[PDB]
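In what follows, every chain begins at residue 1, and chains take the letters A, B, ... in the order their sequences are listed. The figures that follow rest on heavy atoms only: side chains count, while hydrogens, waters and symmetry mates do not. Quick check of the header: X-ray crystallography, 2.0 Å. Counting starts at 1 for both ligands and their atoms, in listed order.
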Number of protein chains: 2
Amino acid sequence: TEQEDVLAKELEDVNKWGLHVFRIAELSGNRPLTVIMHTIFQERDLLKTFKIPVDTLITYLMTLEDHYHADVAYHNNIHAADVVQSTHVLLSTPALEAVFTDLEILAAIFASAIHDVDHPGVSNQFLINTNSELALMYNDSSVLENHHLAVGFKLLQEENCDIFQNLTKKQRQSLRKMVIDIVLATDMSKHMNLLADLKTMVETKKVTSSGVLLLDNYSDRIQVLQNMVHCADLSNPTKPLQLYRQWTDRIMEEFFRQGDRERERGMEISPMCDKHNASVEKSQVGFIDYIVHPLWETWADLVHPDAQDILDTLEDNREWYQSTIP
Amino acid sequence: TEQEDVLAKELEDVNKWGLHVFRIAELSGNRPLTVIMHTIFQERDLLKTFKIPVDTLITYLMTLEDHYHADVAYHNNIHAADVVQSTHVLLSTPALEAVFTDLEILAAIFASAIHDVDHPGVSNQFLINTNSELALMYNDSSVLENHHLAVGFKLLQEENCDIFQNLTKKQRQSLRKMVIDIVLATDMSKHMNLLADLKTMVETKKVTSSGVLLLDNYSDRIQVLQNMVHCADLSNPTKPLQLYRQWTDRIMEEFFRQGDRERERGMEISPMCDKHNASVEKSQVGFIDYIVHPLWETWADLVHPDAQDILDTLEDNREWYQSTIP
Ligand SMILES: CCc1oc2ccccc2c1C(=O)c1cc(Br)c(O)c(Br)c1
Ligand SMILES: CCc1oc2ccccc2c1C(=O)c1cc(Br)c(O)c(Br)c1
Ligand SMILES: [Mg+2]
Ligand SMILES: [Mg+2]
Ligand SMILES: [Zn+2]
Ligand SMILES: [Zn+2]
């Protein structure tokens with residue numbers, strides 16, 4: 001039973017950027033989402049604040065984890081655990097201390113946990129172009145993200161899975177709306193608009209006397225939580241390289257498998273999905289330069305200087321992937 | 001068998017506001033959606049422009065009509081026909097003569113036919129507040145309208161129902177996007193924004209010297225079609241009084257039935273849904289004053305003055321309903 005002692009020792013880094021999430025996945029018996037969510041809920045005293053029975057929390061978490069696909073290389077329960085833990089660290093940043101309520105914290109962590117549930121390993125555009133049942137259900141609009149939300153909420157109805165059973169009716173209504181707004185913002189088709197609003201908030205930033213962010217309306221509060229979970233979703237290149245490279249190996253396997261399906265169907269191969277003509281290194285550099293660095297540099301400005309070490313690791317990782325090209 | 005010749009002479013005025021849809025409904029064996037769509041398809045020469053096997057048109061329209069509930073007093077197949085024919089007439093507006101292409105004409109017409117399919121007779125807010133499966137599926141966002149679209153498209157996958165089988169893949173993709181954008185605009189939560197975009201467009205109206213409208217970008221074009229089918233959706237108070245009064249008796253039955261369900265479940269009663277405290281007549285005047293007339297007067301200005309007759313009839317029916325108030 002000393003393996004549980006090793007897992008508990010690793011869980012002490014749950015407040016740290018760069019958690020060994022793949023080792024925790026191994027040490028916990030492929031339950032990184034459950035043990036990391038449980039650990040975070042204890043750390044933030046969320047089981048007592050919202051009167052969540054321990055058995056119900058574990059039962060939902062194991063059920064939610066179950067509905068991530070173990071046979072998809074990237075969008076699986078490890079990624080969900082990683083986004084959960086990354087959002088947890090971002091919530092603890094000094095520029096946001098006491099800024100969000102316990103319900104908003106609960107919503108952002110819950111949203112992170114469910115944000116990719118039941119992901120089949122193919123993109124929205126693939127599901128649209130192949131006339132999938134999901135794209136038909138959701139009228140080609142945020143197809144996956146609507147599905148993730150629907151599954152995440154529906155699993156609360158399985159027996160002893162309603163972790164929100166002791167929230168008031170107004171608490172559940174408020175949380176549900178916030179979770180929906182947050183997970184829908186993980187659709188990359190919303191990235192440019194989400195970042196434009198984040199830049200506007202940085203340019204017009206307001207700070208209280210305590211030194212923390214001033215967010216006095218739902219629109220600004222939910223936009224920060226949306227971008228926070230979005231940043232955590234796109235946090236792989238900001239992590240220590242040995243973690244970043246495994247995430248890159250995993251997403252490229254998922255892309256190549258999609259491209260092979262686009263080839264078996266006589267379709268145009270999606271960018272970076274043709275394993276016969278893809279540059280993994282050049283795609284990561286372009287992903288950082290055009291998407292990840294603009295986002296994280298903007299977030300770093302919002303919480304300046306709390307995120308400087310994360311931004312430094314991103315720029316180091318970009319310099320490294322660049323060096324592998326020549 | 002004398003009804004078919006009776007059914008024939010009513011359809012002759014399919015190009016006129018005030019079609020005897022209820023007579024057409026009864027004269028057709030409760031199949032007004034089928035016979036009104038077909039008559040309009042022949043009038044606008046749509047079966048030849050898009051190569052649609054007329055037998056496939058009938059098989060889908062009957063399948064589509066069957067998925068409208070027979071036990072709902074308003075949101076059924078008769079409403080679906082009336083919106084179709086009203087949209088058809090708004091398309092023949094002189095200031096909009098050939099402004100929209102053939103595919104954009106087919107888009108607004110097909111969208112009208114499916115825009116309320118499988119409606120359960122209760123509102124989005126009822127479905128949301130009762131934790132319905134529909135609201136769970138669609139994350140409380142345009143619940144009914146997303147469903148209408150999903151059903152209307154799903155039925156095309158039935159035997160000999162793909163009425164768009166001979167459209168090019170680009171035509172089908174363009175038709176799908178416009179149908180979605182149009183039916184989603186029938187959600188009343190989008191009314192004010194839709195009206196506002198109609199307000200700003202009026203202030204920036206650019207026309208010929210024969211007066212007709214000039215729409216260049218897709219955004220301006222789709223907004224006109226959205227506000228058009230929305231205008232047809234809310235065209236009851238602009239019809240002849242005998243038609244308007246029948247639609248009012250039906251929608252108030254549907255409202256009262258929802259309010260009774262809101263009571264036997266113990267929830268707050270939606271406005272105008274409490275039969276023990278409803279003023280049907282006052283509700284109609286207020287519905288015209290705050291929703292129907294501001295929409296149709298903004299529409300009239302954009303089409304100055306081809307909608308003066310519709311605007312006059314609406315003001316007449318508003319005056320009559322007001323007179324019914326003691
Ligand atoms: C669309 C542009 C883009 O190009 C890449 C190349 C490598 C890795 C990620 C990306 C990427 C993303 O923004 C992205 C974001 C999310 Br969220 C995903 O779930 C996936 Br999949 C991809
Ligand atoms: C929300 C205010 C309102 O009050 C009314 C009173 C009588 C009739 C219609 C309405 C009405 C609508 O806007 C409306 C619009 C559509 Br579309 C419907 O499918 C239904 Br149902 C109602
Ligand atoms: Mg996702
Ligand atoms: Mg409707
Ligand atoms: Zn993700
Ligand atoms: Zn309608």
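- Sitting at ligand 2 is the drug benzbromarone.
- Most-contacted chain for benzbromarone (ligand 2) in this structure, per UniProt: 3',5'-cyclic-AMP phosphodiesterase 4D.
- Under a 4.0 Å heavy-atom cut-off, the other chains found next to benzbromarone (ligand 2) are B.
- With a heavy-atom cut-off of 4.0 Å, B:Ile291 touches benzbromarone (ligand 2) through its side chain alone.
- Per UniProt, the active-site residue of chain B closest to benzbromarone (ligand 2) (non-hydrogen atoms, rounded to 1 Å) is B:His75, 3 Å.
- Nearest protein heavy-atom contact of atom 12 (C) of benzbromarone (ligand 2) is B:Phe287 CE1, 3.4 Å.
- Close approach of benzbromarone (ligand 2) to B:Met272 is summarised as follows: ligand atoms under 4.0 Å from at least one heavy atom of the residue are 4 (O), 5 (C), 6 (C).
- Of all protein heavy atoms, the one lying nearest to atom 18 (C) of benzbromarone (ligand 2) is B:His75 NE2, 3.8 Å.
- Per UniProt, the Mg(2+)-binding residues of chain B include none within 4.0 Å of benzbromarone (ligand 2) by heavy atom.
- If you look at B:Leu234 next to benzbromarone (ligand 2), the close heavy atoms, those under 4.0 Å, all belong to the side chain.
- Near B:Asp233, the atoms of benzbromarone (ligand 2) lying under 4.0 angstrom from a non-hydrogen atom of the residue are 17 (Br).
- The part of B:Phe255 lying near benzbromarone (ligand 2) is the side chain, judged by heavy-atom distances below 4.0 Å.
- At least one heavy atom of B:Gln284 lies less than 4.0 angstrom from benzbromarone (ligand 2).
- Benzbromarone (ligand 2) is contacted mostly by residues of chain B from UniProt domain PDEase.
- Of the protein's heavy atoms, B:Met188 CG, 3.7 Å lies nearest to atom 16 (C) of benzbromarone (ligand 2).
- As for UniProt AMP-binding residues in chain B, a heavy atom under 4.0 Å from benzbromarone (ligand 2) is present in B:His75, B:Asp233, B:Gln284, B:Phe287.
- Under 4.0 Å from benzbromarone (ligand 2), not a single heavy atom of B:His191 appears.
- Counting heavy atoms closer than 4.0 Å to benzbromarone (ligand 2), residue B:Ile251 contributes side-chain atoms (C-beta onward) but none from N, CA, C or O.
- The shell of residues around benzbromarone (ligand 2) (heavy atoms under 4.0 Å) is B:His75, B:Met188, B:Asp233, B:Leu234, B:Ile251, B:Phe255, B:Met272, B:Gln284, B:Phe287, B:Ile291.
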